[PDB]
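Complex: sulindac / Aldo-keto reductase family 1 member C3.
We count residues from 1, following the sequence as given. For ligands, and for the atoms within them, numbers begin at 1 and follow the listed sequence.
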Amino acid sequence: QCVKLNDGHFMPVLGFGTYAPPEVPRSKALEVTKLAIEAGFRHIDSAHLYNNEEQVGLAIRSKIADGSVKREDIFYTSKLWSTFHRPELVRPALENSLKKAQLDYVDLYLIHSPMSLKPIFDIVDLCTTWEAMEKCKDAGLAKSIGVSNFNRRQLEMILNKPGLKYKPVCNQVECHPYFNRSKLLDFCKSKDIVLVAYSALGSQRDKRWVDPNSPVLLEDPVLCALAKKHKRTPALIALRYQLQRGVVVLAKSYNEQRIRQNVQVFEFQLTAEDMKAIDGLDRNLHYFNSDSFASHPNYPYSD
Ligand SMILES: NC(=O)c1ccc[n+]([C@@H]2O[C@H](COP(=O)([O-])OP(=O)(O)OC[C@H]3O[C@@H](n4cnc5c(N)ncnc54)[C@H](OP(=O)(O)O)[C@@H]3O)[C@@H](O)[C@H]2O)c1
Ligand SMILES: CC1=C(CC(=O)O)c2cc(F)ccc2/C1=C\c1ccc([S@](C)=O)cc1
């Protein structure tokens, strides 16, 4: 199914995450994005940062070419990287992501992060960045625009901007049973802003930003015990948890079996008691936990 965004467009509630670390051959993104679409994924999450937009757009275009899907059946997101926050850089950055993917438009374009970088940190009025995203939606380059990694105060800045034309349709943030974002989720729902969860499965645990001593979400005993009760898997429990909270959830897998497993999230449900047990896992744990973000003046978790 799909959720209706506050601008009238529609977002599929389960999305495929395309990020893989640079040790993975660029060509794997092409193969696993085709598998994801074959499996039933219709929402595809990419970013300038991921260095995979050529491969991901080819996968989408290839699945249009063989008649498996139409362009309008695919929801494709890209993101503005943080060295392009200056308003004059936003449109060219988007047109580059479009040229790489070879698409006429993205369904969704996000400010990837509030933590601006020199075009070394930068100081940018993100309200001006936002005005330039608005113009991109006006131009038809992005169907919808939104933000990623914004905390409540940074989102309020956008929402209270003098002469705002379009609300962010979404805030894409770290969100999973260890860090379930209940308060931010409530705030978003009160503004008809969709919360989209990334690292919903515990993150890739990349050693550059994630402490390998952090607990492994998918080994959690409550998730395991739920997975055994429903005869599903811990990953599926964690994904279904978000859908029943009204969260759009991403899932990265470069594995053929797992990509196909993840679509099973539509095939079952959890009870109130299951949901309450999962909500009781919350421990304020963001897996991305690095000096590279934490020392930034607009670090979202400075809270
Ligand atoms: N906006 C941002 O700042 C931001 C930040 C992080 C992520 N994201 C987006 O969100 C996407 C997903 O988040 P993430 O990359 O942190 O990964 P994730 O979705 O939390 O997945 C973590 C690991 O879960 C494994 N997995 C997938 N399905 C599984 C299953 N059924 N059972 C067991 N393990 C399974 C995957 O390993 P395998 O590949 O081996 O299956 C994956 O590497 C990202 O790729 C990117 O598209 C955005
Ligand atoms: C892999 C990665 C992600 C995850 C994703 O989007 O899937 C990410 C998300 C952000 F909001 C910001 C940075 C990153 C990132 C790599 C990265 C980290 C620090 C820097 S610099 C040293 O500040 C540059 C790049």
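- Sulindac, all copies counted: located at ligand 2.
- Counting only non-hydrogen atoms, the residues of chain A annotated by UniProt as substrate-binding that lie closer than 4.0 Å to sulindac (ligand 2) amount to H112.
- Closest heavy-atom approach to atom 25 (C) of sulindac (ligand 2) among the candidates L250, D45, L49: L49.
- By heavy-atom distance, the residue among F288, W209, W81, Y19 lying nearest atom 4 (C) of sulindac (ligand 2) is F288.
- Residue-ligand proximity: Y50 is placed with a non-hydrogen atom under 4.0 Å from sulindac (ligand 2).
- Of the residues UniProt marks as active site in chain A, nearest to sulindac (ligand 2) with least heavy-atom distance to 1 Å is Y50, 2 Å.
- Among the atoms of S113, none of the N or O lies under 3.5 angstrom from an N or O of sulindac (ligand 2).
- Among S295, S292, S82, the residue whose heavy atom sits closest to atom 23 (O) of sulindac (ligand 2) is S292.
- Any N or O atom pair closer than 3.5 Å counts here, and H112 shares at least one such pair with sulindac (ligand 2).
- Under a 4.0 Å non-hydrogen cut-off, the residues that form the binding site of sulindac (ligand 2) are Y19, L49, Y50, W81, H112, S113, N149, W209, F288, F293.
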